[PDB]
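This file shows Androgen receptor complexed with dihydrotestosterone.
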Amino acid sequence: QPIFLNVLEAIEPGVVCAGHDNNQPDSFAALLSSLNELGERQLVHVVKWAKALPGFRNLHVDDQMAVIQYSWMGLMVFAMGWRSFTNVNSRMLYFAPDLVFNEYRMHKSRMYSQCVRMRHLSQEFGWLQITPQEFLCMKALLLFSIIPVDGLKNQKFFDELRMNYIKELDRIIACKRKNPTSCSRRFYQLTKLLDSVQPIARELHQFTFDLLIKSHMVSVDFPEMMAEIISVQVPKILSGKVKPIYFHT
Ligand SMILES: CC(C)(C)n1nc(Cc2cccc(O)c2)c2c(N)ncnc21
Ligand SMILES: C[C@]12CCC(=O)C[C@@H]1CC[C@@H]1[C@@H]2CC[C@]2(C)[C@@H](O)CC[C@@H]12
């Protein structure tokens, strides 16, 4: 209740494994290769999930693939933080059931700092007392939070679509909340949270980019679709062509 919420919960992707071999020692090459595999795998669900979103088919076919290729990073990270929260209380990064990052692994991955921000983000879900309804609505809104500076194929359908999801976030906050002060307060809290995701995804973008460039030397494997999206789409973000949409300055 209402119809919007039923869809989000029903289309919510299921558990996904990275197929990591926890029988081998934690090496940079191994860990990163598994993450990319998880990325490729998680990419398949994100696409199916996206197309199953209410009104997603209102966007031009090109912008549909576009928004996905630009925000797939923010979506996966945001979802991961939630899992980590609803699994190990944010104690560790729960990327996948067969790929959990502890203090040690965070270091071995050569991206300790970035993992800290992710864990921090994961702790936000708890401190702010985020609910499943709010989580689902915020995650969907992340798909519509990054586009090229010059706009999309048909920007009108996107603005209207993005606006409607923001409206849903209101009805969610409004519903079951008898107070006009905590309402705006809540919107402020969440909108702030959604913004914190962008800076994090930005560092992961640059990190994955560099890794790809020097992937053969550090012996890190990049799946087909991962290698193309990171070498064709990501570059547009790090070049200033595609920038995220912030609520606050
Ligand atoms: C190949 C497939 C279907 C998994 N796919 N689809 C898309 C997006 C898309 C494009 C056109 C029509 C669609 O239904 C979906 C995509 C992407 N952006 N990056 C990598 N793989 C993608
Ligand atoms: C999105 C993924 C994989 C899906 C997920 O649960 C979040 C996690 C965040 C770090 C990403 C990883 C995919 C592979 C990347 C992009 C590595 O190349 C460097 C950062 C990794």
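Using the PDB entry numbers, chain A covers 670-918, in order. Atom set for the values below is all heavy atoms of this structure, side chains included, hydrogens, waters and symmetry mates excluded. In listed order, ligands and their atoms are each counted from 1.
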Exercise for the section: Enumerate the ligands or chains belonging to dihydrotestosterone, duplicates included. Expected result: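 The drug sits at ligand 2.
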Practice task
Please indicate, with yes or no, if any protein heavy atom is found under 4.0 Å from atom 11 (C) of dihydrotestosterone?
Solution key: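 There is no protein heavy atom less than 4.0 Å from atom 11 (C) of dihydrotestosterone.
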Problem - Protein heavy atom at shortest distance from atom 13 (C) of dihydrotestosterone - result: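 Among all protein heavy atoms, the one nearest atom 13 (C) of dihydrotestosterone is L704 O, 3.5 Å.
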Handout entry: For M742, atoms of dihydrotestosterone separated by under 4.0 Å from a heavy atom
Key =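 Taking each heavy atom of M742 in turn, dihydrotestosterone has 16 (C) under 4.0 Å.
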Exercise for the section: Kindly identify the option in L707, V685, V903 whose heavy atom sits closest to atom 3 (C) of dihydrotestosterone. Expected result: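 Shortest heavy-atom distance from atom 3 (C) of dihydrotestosterone: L707.
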Exercise for the section: For atom 16 (C) of dihydrotestosterone, find the nearest protein heavy atom and state the residue, atom name and distance (0.1 Å precision). Expected result: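 Of the protein heavy atoms, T877 OG1, 3.4 Å lies nearest.
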Problem - UniProt domain of chain A touching dihydrotestosterone most - result: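 The majority fall within the UniProt domain NR LBD.
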Practice task
Going by heavy-atom distance to atom 6 (O) of dihydrotestosterone, choose the closest among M780, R710, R752, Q711.
Solution key: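 Among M780, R710, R752, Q711, the closest heavy atom to atom 6 (O) of dihydrotestosterone comes from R752.
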Problem - Pick from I869, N705, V889: the one approaching atom 14 (C) of dihydrotestosterone most closely through a non-hydrogen atom - result: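 Answer by nearest heavy atom: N705.
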Quick one: table the atom pairs, dihydrotestosterone N or O against protein N or O, below 3.5 Å, distance rounded to 0.1 Å.
from                : atom 1 : to   : atom 2 : distance (Å)
dihydrotestosterone : 6 (O)  : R752 : NH2    : 2.8
dihydrotestosterone : 18 (O) : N705 : OD1    : 2.8
dihydrotestosterone : 18 (O) : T877 : OG1    : 2.9

